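A look at one PDB structure holding minodronate.
Lettering of chains proceeds alphabetically from A, tracking the sequence lines in order. Residues 8-350, in that order, are what chain A shows, numbered as in the PDB entry. What you see of chain B is 8-350, where the numbers are those given in the PDB entry. Numbering of ligands and ligand atoms starts at 1, following listing order. Side chains are part of it too, since the values below use all heavy atoms of this structure and drop only hydrogens, waters and symmetry mates.
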2 protein chains.
Amino acid sequence: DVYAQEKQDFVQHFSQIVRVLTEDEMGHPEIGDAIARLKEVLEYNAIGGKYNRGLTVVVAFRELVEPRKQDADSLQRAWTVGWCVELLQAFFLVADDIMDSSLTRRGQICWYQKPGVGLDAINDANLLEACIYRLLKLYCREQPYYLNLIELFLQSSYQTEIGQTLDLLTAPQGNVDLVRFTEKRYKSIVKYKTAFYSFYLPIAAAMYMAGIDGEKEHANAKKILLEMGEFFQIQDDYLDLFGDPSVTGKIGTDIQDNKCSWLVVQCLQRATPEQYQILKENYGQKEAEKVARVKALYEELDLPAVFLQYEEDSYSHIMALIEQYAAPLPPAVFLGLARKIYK
Amino acid sequence: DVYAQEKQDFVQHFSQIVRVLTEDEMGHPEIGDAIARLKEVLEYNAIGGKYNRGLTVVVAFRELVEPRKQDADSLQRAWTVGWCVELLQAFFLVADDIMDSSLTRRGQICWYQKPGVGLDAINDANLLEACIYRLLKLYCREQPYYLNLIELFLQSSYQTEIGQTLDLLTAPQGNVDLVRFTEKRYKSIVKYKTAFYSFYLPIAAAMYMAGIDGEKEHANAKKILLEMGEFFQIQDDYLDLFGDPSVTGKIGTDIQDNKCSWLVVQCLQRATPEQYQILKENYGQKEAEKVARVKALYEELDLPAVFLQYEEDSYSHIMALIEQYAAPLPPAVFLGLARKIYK
Ligand SMILES: O=P(O)(O)C(O)(Cc1cnc2ccccn12)P(=O)(O)O
Ligand SMILES: O=P(O)(O)C(O)(Cc1cnc2ccccn12)P(=O)(O)O
Ligand SMILES: [Mg+2]
Ligand SMILES: [Mg+2]
Ligand SMILES: [Mg+2]
Ligand SMILES: [Mg+2]
Ligand SMILES: [Mg+2]
Ligand SMILES: [Mg+2]
Ligand SMILES: [Mg+2]
Ligand SMILES: [Mg+2]
């Protein structure tokens, strides 16, 4: 992949990110303990993933910016902005893990589950968020795209938070109403909670850094990226139940948490009234036997096979959107991302 | 007060703030339920306070901007930016109430304690934060001070979050070490957690709106405002134990929560080794009888009288700093604020 060609170098740069964020300390040694906590938080929560969102900024930048304009400082700004995307993810995930009552993330216990962390993780997440704007000021403040990037991160955060609200509102604890789990509702939740920040944000950041600021170009980019994001969230929902946690790094909670998962939507489209009652009886509950019954029902209704077919159809659709909407950007910008997510 | 002269009108404007924030809905009716939740969150959490921070932007604006430049639109931008300060407070308090295990706020149950809210309040707080940047874009994007304000809110949030980290790190649950509760540590915690966002932020916002952007003018302003903020937090700590909750609107938790309160710092400065052991035995614990013992010890050591004296000395000090540092701004800018907090 073009992603493996940039990864080791991207990751390498995290030590610099941490160093520049945790040297607000000469000048202000009274905040030392707080900066030590920030370092711990950064190291626990922004490292251990695949780095695909941050890497996408870097790879897109190199593909959109003329090689004679890819000087040392410009490349550094590019991987800084990719790390800002990673930090945005880190902030959101820390908070999400608490609100979803999750156990593990990236092959370790969730930050909030750590003895001695707990709900202090809320402020830790806010700090991760603040680091984004700190790095943008330190590295990009004199660039013509500075305000574009600040506003792109802010707006992406707002959209994401709106999607989180829909997610949580459609999934009330102890309150099983399957009636709300429609395809239309599903598409809206995932557009807001995932598609903007996971797909549109990183490419858009690289577009703005390359001086591509036009509303038409950004709107065309979105046509591809929001669709890619929807697929990505459907995949996430499928892996929540059917994925191997040694590979995914995380234990699923969607059934217990009463979530408007792609799986439950597809279940409802297919289920006889008898299967509907089974689903109603067992969904949204902590008991392991009830979760098992839901999984059994999904397997009975061939949902893994339905997912496999959906992934093929989706891949073909996204490739079609690249043919329609890529120009004037290099198709490789989107195809690389397609390759990474449809693996 | 100059604050009462602007309050009814300031509060009046909240209906407009809510209307403009909850009409992201024509165009995007798929987010309707989320926008309904945002309205609920806004109404519960940004209304019911004294509005002093938001009001300070408005009053300072009128005192710093030439009356011929105080047109309809400019006044509207001023009360919008004051509401942004209120929203910053609202975001921070929702999160703080969870992390401090608080019960009530502004004479009602804390948002997170509401049946059916719970830890979903984390995302609600993030949404309140997003509304700040939304209102600044909608109302101030074409103004020469736009980036100044965005960066002032972002930086104030970072500082505040650093202060929150110090607060929480100095107050580990179930872990009583009084050794860390020093005056030096106290001053650092409150500078970061309170002084920036409660005092410096609102005046600074009005300064930038009035085209007063000079580093020397902002640095002089800070000399007064950070000191005022320290006093304000000492007052907050005193009222945590000795205030009337029908007046304060909130039930105190500092002793239970093992906080580096001004009260405990002053206790440690004065306490015999026998009183030190009593404090060690009873601090940072949930039992009502142990909290009562700590309060008894404080009363034994005349801490209310010590606070009364401190408030006089502090008032005199801040007035001295106004004489030194107010120019070239009208002294009324600071004196009005002094009047409100030393009441
Ligand atoms: O927990 P994961 O990794 O399975 C999850 O995929 C995480 C996720 C998706 N979108 C957002 C937005 C903000 C915070 C977290 N987000 P989900 O949406 O299923 O919680
Ligand atoms: O709960 P209160 O109102 O007594 C409290 O005064 C609230 C407070 C002060 N400073 C901050 C910063 C962020 C969030 C809340 N903050 P405290 O600092 O004592 O928690
Ligand atoms: Mg989750
Ligand atoms: Mg979630
Ligand atoms: Mg998931
Ligand atoms: Mg879940
Ligand atoms: Mg508190
Ligand atoms: Mg607190
Ligand atoms: Mg307090
Ligand atoms: Mg407390």
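The location of minodronate, copies and all, is ligands 1 and 2.
Measured by close contacts, the chief partner of minodronate (ligand 2) is listed under the PDB entry as Farnesyl pyrophosphate synthetase.
Counting only non-hydrogen atoms, chains lying under 4.0 Å from minodronate (ligand 2): B.
Within 4.0 Å of minodronate (ligand 2), counting heavy atoms, one finds these UniProt dimethylallyl diphosphate-binding residues of chain B: B/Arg112, B/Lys200, B/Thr201, B/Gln240, B/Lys257. Close contacts of minodronate (ligand 2) with B/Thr201, meaning ligand atoms under 4.0 Å from a residue heavy atom, involve 9 (C), 10 (N). Using a 4.0 Å cut-off to heavy atoms of B/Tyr204, the atoms of minodronate (ligand 2) that qualify are 10 (N), 11 (C), 12 (C), 16 (N). Below 4.0 Å from some heavy atom of B/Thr167 lie the following atoms of minodronate (ligand 2), by number and element: 12 (C), 13 (C).
Both criteria (UniProt Mg(2+)-binding in chain B; heavy atom under 4.0 Å from minodronate (ligand 2)) are met by B/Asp103, B/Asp107.
Of all the atoms in minodronate (ligand 2), the ones that sit under 4.0 Å from a non-hydrogen atom of B/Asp107 are 20 (O). In this structure, B/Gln240 is part of the shell of residues with a heavy atom less than 4.0 angstrom from minodronate (ligand 2). At a 4.0 Å cut-off, at least one heavy atom of B/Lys257 sits close enough to minodronate (ligand 2) to count as contact. The site surrounding minodronate (ligand 2), defined by heavy atoms under 4.0 Å, contains B/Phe99, B/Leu100, B/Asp103, B/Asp107, B/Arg112, B/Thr167, B/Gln171, B/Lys200, B/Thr201, B/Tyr204, B/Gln240, B/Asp243, B/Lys257.
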